[PDB]
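Co-structure: bimekizumab and Interleukin-17F.
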Amino acid sequence: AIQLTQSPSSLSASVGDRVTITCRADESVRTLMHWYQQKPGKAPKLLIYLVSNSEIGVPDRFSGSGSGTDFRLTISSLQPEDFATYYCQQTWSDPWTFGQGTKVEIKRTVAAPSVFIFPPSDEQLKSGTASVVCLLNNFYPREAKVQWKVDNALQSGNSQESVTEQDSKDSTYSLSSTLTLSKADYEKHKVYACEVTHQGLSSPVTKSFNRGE
Amino acid sequence: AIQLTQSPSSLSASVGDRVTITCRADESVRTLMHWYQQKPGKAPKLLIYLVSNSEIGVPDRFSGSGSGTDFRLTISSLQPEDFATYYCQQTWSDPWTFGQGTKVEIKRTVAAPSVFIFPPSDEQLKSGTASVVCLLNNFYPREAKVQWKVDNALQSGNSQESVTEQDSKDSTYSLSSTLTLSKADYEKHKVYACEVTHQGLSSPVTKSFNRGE
Amino acid sequence: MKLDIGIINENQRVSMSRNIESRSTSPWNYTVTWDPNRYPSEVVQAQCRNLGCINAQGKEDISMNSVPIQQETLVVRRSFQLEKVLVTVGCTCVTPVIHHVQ
Amino acid sequence: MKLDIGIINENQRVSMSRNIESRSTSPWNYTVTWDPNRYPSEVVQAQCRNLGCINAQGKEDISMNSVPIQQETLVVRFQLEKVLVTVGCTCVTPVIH
Amino acid sequence: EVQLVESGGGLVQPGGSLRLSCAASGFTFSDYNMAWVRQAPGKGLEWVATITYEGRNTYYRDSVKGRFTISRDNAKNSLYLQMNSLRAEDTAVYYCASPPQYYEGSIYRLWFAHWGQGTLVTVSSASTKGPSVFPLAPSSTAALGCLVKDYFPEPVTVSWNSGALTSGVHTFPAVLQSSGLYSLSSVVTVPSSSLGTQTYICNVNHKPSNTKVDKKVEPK
Amino acid sequence: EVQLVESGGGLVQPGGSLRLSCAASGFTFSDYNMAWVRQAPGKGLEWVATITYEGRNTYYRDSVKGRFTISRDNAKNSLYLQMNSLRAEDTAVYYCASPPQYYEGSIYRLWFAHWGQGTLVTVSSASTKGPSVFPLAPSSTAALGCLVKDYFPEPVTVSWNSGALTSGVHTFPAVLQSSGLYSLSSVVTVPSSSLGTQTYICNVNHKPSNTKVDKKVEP
Ligand SMILES: *[C@@H]1O[C@H](CO[C@H]2O[C@@H](C)[C@@H](O)[C@@H](O)[C@@H]2O)[C@@H](O[C@@H]2O[C@H](CO)[C@@H](O[C@@H]3O[C@H](CO)[C@@H](O)[C@H](O[C@H]4O[C@H](CO)[C@@H](O)[C@H](O)[C@@H]4O)[C@@H]3O)[C@H](O)[C@H]2NC(C)=O)[C@H](O)[C@H]1NC(C)=O
Ligand SMILES: *[C@@H]1O[C@H](CO)[C@@H](O)[C@H](O)[C@H]1NC(C)=O
C-alpha cells in the first residue's frame, strides 16, 4: 500500500496569505493524486483531480501541482471560509489511500471574549447534581484561562471545557466551561464566580452570581 | 513547387455508390493537404482540411485520408448534389498548389428529352437575321443528335448547340440547338423541322412549324 | 419578457459523427438525453475515455492526462424560461503543472 | 410566446484562469466579444494556436494536428439565436486507411 | 445534481450486523463504480470497499474482508454495505461515494467526485440513554441556552425556534464526562428587549434514544 | 457570417489596368492573411497572391510578379489587387480568399476557409456590345424563354419574374458564334393552364454594356 504523508499537519495563516500543503508518497503514483476539502461535520468535497485539474465549482485560488512522489495543494489567497482539513489521495495502487489530513486555521487579530455565567436550573437540582456554566463568546485566539471560584475558593478537578470550531465568517471561537457539583456542595456555598483571562482584555473579567436573587 | 496530380480526371457513378479520388504529390506535404468542392458557376467551398478534418456544414459522407504523398477523398454514398469538380491543395511549400481537378458526374436511368421548337420572333426579323431554336429538356445520357430540316432539306453547318451542366436534383441534361439564317432564306422556305434522336426514344421525334400560323 | 417567435440559424448544427472523438490523443465517447421540455430537445454530453493520453501506436502515457473541456450552454424550457446547463463537449491532452522542486 | 422572468443556474461559470489552454498538446488562445443586445453579454471564442501538436520538449510535431472542438450554443438577442462556439482544441492523428 | 442519500446507521452491539443504504439520483447509477469510505471520530479518511457498475466485482480493504459485503441493485438506484461481526474499530462515519460524470465509468482508478452526507455507526456494548435538557436562563445584549446532559451515543441535534433562530447561535461539541456519557451546551445571544415579547425554545433531538424535547428558556 | 464581396472586374485591353476589391465582413479582417486565387475559363485553380495581416509581406506567383500588386486597408476592411500590363493569360475569374476563424491568424500555412463570389476579368482588344433580347414564345406543360443574342464580353445573367420563378429554369452556357459575339438562350417549362393568367418576364442584365432588359414572353 502506498502511504501518503502531508506536511504540515496543521497551519495558521492570515487572510490573503499564500498557503502550501505538500503530499508525499512511498512509490510513484504518476499523476493519480487528488485532493479533498472537508469542513467540520460535512462530507469531503473534491478540489483537485489528476494533480492539477479542478471541478466546475472550485474557486480559482486553489491549484494543484506535482509529479510522481511529491505533490502540493496551494491556496493563493486564504479566505475565512477556507478553514478546513485538506486530504490528498492516490488511486494508482489498489488499496486506495488518503493522507492523514492537514488542518488549516485562520490567523486574525485579537478579539476579546464576552463572558456570561449561568446558575443551575432548578429543574436539574431535583436530580441531585448541579451544573454551573460559564460562556466565553466570540474571541480569538483559542488560548484562554478560566478559573472557577466558589466562595473565593479556587476549584480544581470539577470542570470541563468545550470549544466551538472557528467561525467561517469572523474566524472567532466560543468556549463553554461547565462546573459540576452535588446539590449538597452547591447549597453549602453561596458565591459562584467564573474568572477569565485573555489577551484581548485589559485585566481579567469575573462574572458571578449568588444562590437565588 | 509541389506538383499535385489527381486521379482520375473524371468519373461517373450511380447514386449511392462509393466514389474515391486520389491526389499525389512530388514531395511530402506531411498533413497540409486540403480538399475543395466547386459546383458550376459557384466559388469553391472547403470540404476537408488537414488531411481528414471536415468543416462544420460538410455532410457525413465526405471523408479525407492520406499520409505524405498519397491522399484520397472519399464519398461514401454519392448523391445528385455531389456533382462537382473536386480539387486537392497543399500549403506545405511556399508556392501553394492545387491539383488539376476531378469532375464527378452521376450515372442515372435513361430519360427521354421533352422537345420544343421556337420560330424567330417578329422583333428579331426586323434586324435581318432569323434564329430558330430547338430545345431538348431533361434527358440522360448527354449524347443526343439534333438535325435541322428546312422544307425537308437537311441543314449542315449553320447551327450551334449548347448543353447545360448536369442537374443537381434529377441529374439530367438539357440542350438548345440554335439555327441561324438570313431573313432571306427564312422567308423563302416554309417547313422548319427539328428532328431528335436519343437513347431514350424508340424512334426519332420531329417537332415543326410552318412560317406564319 | 416576451419571447419573439423565430430562431436564427435553426438549421446549422455540428456532427458528432466525425470520429474526431476517436482520432484524438485524448479520445472520448458520447451520451444523449431527449427532453421535449427544453430546446434543443437533445443534449450531448462527452466523457473522456482514458485518464492518460494515447499515441499513434495505441499505448497509454499517464505522465499526461485526458481532461474535459466544458461550456455553459443556454437551453430554454417550458410559459418559457431559460435554463443554464453544463456540457462537456470533448477532451484534450494536458501535462500536469510540475513545479521546479521535482 | 411568453418568457418567464428568471434564469436557472444563473450563478455558475467555467474557469479559464487555469492555463489548460496552454498546457495542452493542442494549445489554443481565447477571444472575447461583449455585445449588449444579447445574453450572455460576452461570448468566448477559442482558436487553435498551432497546426501540429507540441510534446514534452516544446517542439511542434506536424505528424498530428491541433483541431477545434465545437458546440452549438443558444444566445438571446427578445429572440433566440444559435451561435457556433469553439471551446478549445484537441490533438488528433490523421486517417491513413 | 448528483445526490447520494445514506441511511441505516446507528447503534449496534459488537458482533452484530447492520445494513447501510445509499439512494443515488442525478446520474446513470448503472454506469459507474460505487464505493464506501469511512472515517472514525476525529481521524482521517479510509477506503472501505468498491463494487463495479454491472455488479460483478467487489474489492475490500483487508480489515473488513470476510465481514463486510458491498452490493447494488442498479434498478432501485441503490448501493448497500452489509456489515457483520462488527468490532469497535468499525465505529466511524460511513460515506457513499460516486465517480465523476464526465469520464467513462469503465475507468477503475477514478476519484470521488460526489459524496453522501454520511451515517454514524457506533459499535458499543452500552445501552442508549436519552439526554436531559435543562435551561440556561438569561441572567438579567443577552445570552441564554440549553444544557443537554448525560446521553449516549451520538449524535444530538439542537435547533432554536424550529429553525427560525440561527444568528448568534453556538452549539458546542460533545464532551465525555466521567460517567462515560456525553454532555454539551447550546447558547444564543439576543437583544435584551426581545426577552418579554419573543419566546425562546431549543429543539433537542436524539434519534438513537427516540428522545425529542422542546424546552422553553426564560429568566427567574 | 463571413462575407467576401468582390467588385471591379470587367473588360480591359491588353496592357491595360484594373483594380479588384474585396469587402470583408463577419470576422476580424485585421488578424488574418488574405489571398487572391484565379481560374481561367474551364481550367483549374491557381494561387495568385497572398498578403499578411499587418501588410508587411506580399507573396506573388511568378507569372504576375512585377505586374500585380496586392494591398489592404484594414480600416475599410478591404483587400485589393492592382493588375497592370494585363496579358491574355490573365483572362480569368478572380476569387478573394480568407482563412478560418477558428485558428490563429499568425499561422501562415492555413487554407482557404472562405471565398468571395468571384469577378471575371476579360483582357481583350474587342469592344463591348449590348445584347438583343428576343422572346421564345410558347407554341400553343409548355416551354418558353428568352434569346440573348450578339453580346460581348461575358457575362450575361437571366432571372425570371425578378427571381420569383426558379423551378424549371434552364439558362444555357453562352456560345461563341462566327462573329466573335456571344449568344445564349434561357428557357423555362410551365403548365399550359397558367399561360393566359400568369405573366412571364425574363430579366437580362449585362453589366459590361450597362444593358438591363425586362422582356415579357407571350404566345
Ligand atoms: C497565444 O498564446 C501565447 C501564450 O499563452 C498564454 O500567455 C499568457 C501571458 C496568458 O495571456 C494566457 O492566457 C495565454 O494563453 C501567447 O504567446 C506569448 O507571447 C509573448 C509575447 O508575444 C511571448 O513573449 C516573447 O515575445 C517576443 C516578441 O514576440 C519574442 O521575441 C520572445 O522570444 C524569446 O523568448 C523565447 C522563450 O520565451 C525564446 O525561445 C526565443 O528564442 C526568444 O529568445 C517571446 O516569444 C511569449 O513567449 C508567449 N508565451 C507562450 C507561452 O508561448 C500569444 O501571444 C497568444 N496570442 C494571442 C493573439 O493572444
Ligand atoms: C467508446 O468508443 C469505442 C469505439 O468508438 C468502444 O470500443 C467503446 O466500447 C465505447 N464505450 C462506450 C460508448 O461506453
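Note on naming: letters A, B, ... go to the chains in the order of the sequence lines (proteins, then strands), and numbering restarts at 1 for each one. For the numbers below, each heavy atom of this structure counts, side chains included, while hydrogens, waters and symmetry mates do not.
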Can you list every ligand or chain that belongs to bimekizumab?
chains A, B, E and F
Tell me which other chains have a heavy atom under 4.5 Å from bimekizumab (chains A and E).
C, D
Provide the residue numbers of chain C that sit under 4.5 Å from bimekizumab (chains A and E) on a heavy-atom basis.
C:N29, C:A46, C:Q47, C:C48, C:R49, C:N50, C:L51, C:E60, C:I62, C:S63, C:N65, C:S66, C:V67, C:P68, C:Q70, C:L86, C:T88, C:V94, C:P96, C:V97, C:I98, C:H99, C:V101, C:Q102
Heavy-atom contacts of bimekizumab (chains A and E) with chain C, cut-off 4.5 Å:
A:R30, A:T31, A:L32, A:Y49, A:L50, A:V51, A:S52, A:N53, A:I56, A:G64, A:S65, A:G66, A:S67, A:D70, A:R72, A:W92, E:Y32, E:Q101, E:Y102, E:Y103, E:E104, E:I107, E:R109, E:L110, E:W111
